[PDB]
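Figure: structure with (R)-vedaprofen.
Proteins come first, then strands; the chains are lettered A, B, ... in the order of their sequence lines, and each starts at number 1. Ligands are counted one by one from 1 in listed order, and the atoms in each one are counted from 1 as well.
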Amino acid sequence: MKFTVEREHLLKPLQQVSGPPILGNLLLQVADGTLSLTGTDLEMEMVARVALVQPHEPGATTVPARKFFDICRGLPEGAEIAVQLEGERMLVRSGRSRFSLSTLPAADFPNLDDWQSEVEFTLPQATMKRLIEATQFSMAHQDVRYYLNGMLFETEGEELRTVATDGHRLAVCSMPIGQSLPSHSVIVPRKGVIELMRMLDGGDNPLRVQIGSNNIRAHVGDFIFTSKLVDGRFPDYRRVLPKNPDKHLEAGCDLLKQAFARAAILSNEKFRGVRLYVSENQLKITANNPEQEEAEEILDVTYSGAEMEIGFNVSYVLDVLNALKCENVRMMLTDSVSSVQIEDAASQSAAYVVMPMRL
Amino acid sequence: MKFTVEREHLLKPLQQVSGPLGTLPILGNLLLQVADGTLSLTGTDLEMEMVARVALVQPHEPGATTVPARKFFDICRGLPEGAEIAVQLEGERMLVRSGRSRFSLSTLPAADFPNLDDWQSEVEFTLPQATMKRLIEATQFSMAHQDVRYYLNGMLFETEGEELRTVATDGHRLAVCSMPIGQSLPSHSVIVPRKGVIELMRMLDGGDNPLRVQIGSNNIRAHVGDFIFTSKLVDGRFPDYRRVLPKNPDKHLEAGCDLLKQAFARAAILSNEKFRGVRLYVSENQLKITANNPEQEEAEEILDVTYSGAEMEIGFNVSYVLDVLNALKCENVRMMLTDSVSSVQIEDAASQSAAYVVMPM
Ligand SMILES: C[C@@H](C(=O)O)c1ccc(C2CCCCC2)c2ccccc12
Ligand SMILES: [Ca+2]
Ligand SMILES: [Cl-]
Ligand SMILES: [Cl-]
Ligand SMILES: [Cl-]
């Protein structure tokens, strides 16, 4: 196995495959004019392909990922990196820098189980990035309810939807993708979501998604990501979407956020409860804590409905406003004992639901 | 106690005094005093004190209280640019009002707030902010971390002639920097604790306000603008850097600092994770750096340098060398060598104002 490649042509692929003992190594393969790099943690895998325009010899090995990446990154901008397999070591040479790395046999590199694709679609990268970024923050982290430690991907009509919840607050994002889809639902593990998100480079390469019974694969440009799905049932989240909020309030996103952020300083550190008093074109926010410190914020908003009061977790609401990053927000309300739904006033694509608190 | 002050006039002082504050609650509070047309804000941890004076041009009423430092800072910082902030003590609560934002904070009595002991200044001088910045950043990285010789965890500040000098060492490597300050000083040495050095750096805003330093037998104080920092000193017998500098390191190697740094940083990848040893082979106009680890992975770097005279080999902890090269921020470095079992001296090839000494492995 031999190849010589420019540093930068190696670094982006290296970043991608480092994501997921031999699991600490990258599989390197030279075949039919291409260097492929693979990383895996047994749950998911990333493969990156690099065209080889310089002379090369086929073969495969595995090397320590961190060390190989660090060596490549540490070399000067635009350096040519020459790699050859010599016995049980992989030799890396560039200028008068030389390295000998330990290898493990390519034959030992684990493969993900084989599977059949049953649902497929192609969409712009930007659309998938919007879908994930809109909801990722609301996934559970390491809940014993393992089916929450990930993100629902739901197809219906011509729409792809992501849903995330930690068992307390909810994020939903829905986008038309211009193809007729079967009504289908899968849960992608949270680490897979993160790795998928970070494979999307913000460019013009379209993303191809293939979903099997127990696996998902995403292909964009020179990168192929594959993951197991979470084998579980996602909660019936539709039950907490307010059926008909009769009251709708519109406010400047940043003004509302800064008022909540200031009030939060004097909210209970653990339960983070703040109260909203809604009246004709006015919102008053209050907070207090066990040391009897108190905050009050009054802002002008657009609101005509009946006066009402409602409490909620200000951390959850701040998370929502930070995700929305827009000009104006719409808060849809019912009463003091019902949830609140929050959206960008200019777009219904993303929606967030926060539960009510009594004080 | 009442005042109204513009947000921007409050924010820097609040940041200056509150930054390093947090099991004794009142230590988490700032002391606020309105007296003689000035708002004074004070923070302390009992070892050091930060005091800022703010002229009150708007109507105000005298008095003092203490309030949670972080909360008051966060409230002020969270208000919009240009906000006017009105404060008044009402009973045992401190009220803060700006626009239609209102806050009521808990207080502790100003009478309970702790004072650093009184002391007398013995040594005084003034110097540019830029010089203090240079003195600290040139040596700070070489201070010990949690060493049982507590004085090594701080920084020596020495006056000699008209130079102010800092020295830092952890027993394995040493940094020294000396700068002229144009005033006849007595020969004097003090040790400033770690936290003190951090605040002494933090208080330099990068303007042209000069620093006024007062040193007593047990304290140091720095005045810049309307901020006053005071720290207790540390007792102990700091090493004499004069005795740590190699007596005659007449093997002189010159190399590009960034080239040298990058070569060591790559070799370090395949050095021992705990011990971090690399070997240097010096020969005519050439340096070779090698590293290997228990797994027998190997790095080799060869560099062109300026070196004439005898060949030698020497081993170093590569972290120590990298720390020096990252602190130098210059074009060319000079390494002054003696033999395989003696320390190396390292300097900017174009300035003798700082020197670095590293023991070999
Ligand atoms: C009815 C039940 C279910 O389908 O099993 C259910 C429904 C809805 C949710 C969340 C709660 C709050 C924010 C988003 C919806 C659940 C969360 C954890 C466990 C069960 C949940
Ligand atoms: Ca000196
Ligand atoms: Cl606001
Ligand atoms: Cl109030
Ligand atoms: Cl080698």
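- All copies of (R)-vedaprofen taken together correspond to ligand 1.
- The name the PDB entry gives to the main binding partner of (R)-vedaprofen in this structure is DNA polymerase III subunit beta.
- The heavy-atom neighbours of (R)-vedaprofen at a 4.0 Å cut-off, by chain: A.
- The binding-site residues for (R)-vedaprofen (non-hydrogen atoms, 4.0 Å) are A:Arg145, A:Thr165, A:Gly167, A:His168, A:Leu170, A:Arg233, A:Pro235, A:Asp236, A:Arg239, A:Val240.
- In terms of N/O distances under 3.5 Å, (R)-vedaprofen is not approached by A:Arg239.
- Looking from atom 11 (C) of (R)-vedaprofen to the surrounding protein, the closest heavy atom is A:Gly167 O, 3.7 Å.
- Atom 16 (C) of (R)-vedaprofen has as its closest protein heavy atom A:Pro235 CB, 3.6 Å.
- Residue A:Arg233 has at least one heavy-atom neighbour below 4.0 Å for each of these atoms of (R)-vedaprofen: 3 (C), 4 (O), 5 (O).
- Lab note: per PDB, source of chain A = Escherichia coli.
- For atom 2 (C) of (R)-vedaprofen, no protein non-hydrogen atom is found at a distance below 4.0 Å.
- Near A:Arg145, meaning under 4.0 Å from one of its heavy atoms, (R)-vedaprofen places the atoms 18 (C), 19 (C).
- For (R)-vedaprofen, the polar-atom distance check finds an N/O of A:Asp236 within less than 3.5 Å of one of the ligand's N/O atoms.
- Within (R)-vedaprofen, the atoms closer than 4.0 Å to a non-hydrogen atom of A:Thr165 are 13 (C), 14 (C), numbered from 1 in the order shown.
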Provide, line by line, the atom pairs where (R)-vedaprofen and the protein bring an N/O atom each to a distance under 3.5 Å; else say none.
residue, atom, partner, partner atom, Å
(R)-vedaprofen, 4 (O), A:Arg233, NH1, 3.0
(R)-vedaprofen, 4 (O), A:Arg233, NH2, 2.8
(R)-vedaprofen, 4 (O), A:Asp236, N, 2.7
(R)-vedaprofen, 5 (O), A:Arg233, NH1, 3.0

